[PDB]
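This file shows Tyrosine-protein kinase Mer complexed with AZD7762.
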Amino acid sequence: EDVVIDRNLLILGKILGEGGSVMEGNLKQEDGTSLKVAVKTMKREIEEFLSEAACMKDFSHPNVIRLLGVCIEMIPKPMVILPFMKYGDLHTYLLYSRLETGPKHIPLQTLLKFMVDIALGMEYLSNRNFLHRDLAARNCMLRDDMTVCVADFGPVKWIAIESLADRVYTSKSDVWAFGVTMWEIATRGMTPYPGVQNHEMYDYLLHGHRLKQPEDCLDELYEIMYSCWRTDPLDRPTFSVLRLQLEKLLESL
Ligand SMILES: NC(=O)Nc1cc(-c2cccc(F)c2)sc1C(=O)N[C@H]1CCCNC1
Ligand SMILES: [Cl-]
Ligand SMILES: [Cl-]
Ligand SMILES: [Cl-]
Ligand SMILES: [Cl-]
Ligand SMILES: [Cl-]
């Protein structure tokens, strides 16, 4: 396909993360310049892979990570090629922000803009009937301009009650993972459901218990993230409704 990149245009560097592993890289480009890339390994069957990557490579949105292509080193081991992001994942960034060494205290207006950015990304993927299935702040990347894009597309405390039960997954389960992500950002990196263990989570949710309003968090913001966890998927808003709720709340500060 036009998605496959020659292994010779790619030089692999140091390991950055674990998701097999994700590496630093140089991509040699059509214009003779080299581009900083992240290279992530993957766990025939590769035809369905290449075909999915070919599909994702057509994505174009500031708040979705570009898939620049795929390499196959040879047993074939394929590798997803992505623009390198020195600011790393959101979750780590939030934790670092609570240290004096790390980034400055993040004001709420900036925390809401992270949420708007993810909403915009998920709005765009949702429209093309693409399901993420692993939305969480650890899988949102920060670009050099500090804009957030959604990533690592294709964790029980992010799985929506209907997906825990029936092994069903719709865009509305993605909306559930989005509210948990909104909570991770409002809490600046707390694990969801403190004092509840992974095995207790289905029964905790089944008895109607939800993520608790964070201490900083605005009531209006907590109403938006609470709407993402309504029992019936059909009663949850769409990403397009959510994006505009958040855009409108951000406008009023
Ligand atoms: N694209 C890019 O630069 N990637 C990328 C870059 C990372 C990174 C960038 C600068 C410093 C550093 F320590 C890590 S980490 C990472 C990545 O893809 N992490 C994944 C691990 C699996 C779960 N979600 C985050
Ligand atoms: Cl290499
Ligand atoms: Cl950083
Ligand atoms: Cl509750
Ligand atoms: Cl909680
Ligand atoms: Cl509460």
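By the PDB entry numbering, chain A shows 578-596, 599-622, 629-659, 664-743, 763-861, in order. In listed order, ligands and their atoms are each counted from 1. Structure determined by X-ray crystallography, 2.7 Å. Note: hydrogens, waters and symmetry copies are ignored here, and every other heavy atom, side chains too, is used.
The ligands or chains attributed to AZD7762 are ligand 1. Applying a heavy-atom cut-off of 4.0 Å to AZD7762 (ligand 1) picks out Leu593, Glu595, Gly596, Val601, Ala617, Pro672, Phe673, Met674, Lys675, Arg727, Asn728, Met730, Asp741. The PDB entry identifies the source organism of chain A as Homo sapiens. The contact region for AZD7762 (ligand 1) on chain A lies mostly in UniProt domain Protein kinase. Examination of the model shows no covalent partner of AZD7762 (ligand 1) on any chain. Using 4.0 Å as the cut-off, no other ligands or ions neighbour AZD7762 (ligand 1). Nearest to AZD7762 (ligand 1) among UniProt active-site residues of chain A (least heavy-atom distance, to 1 Å) is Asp723, 7 Å.
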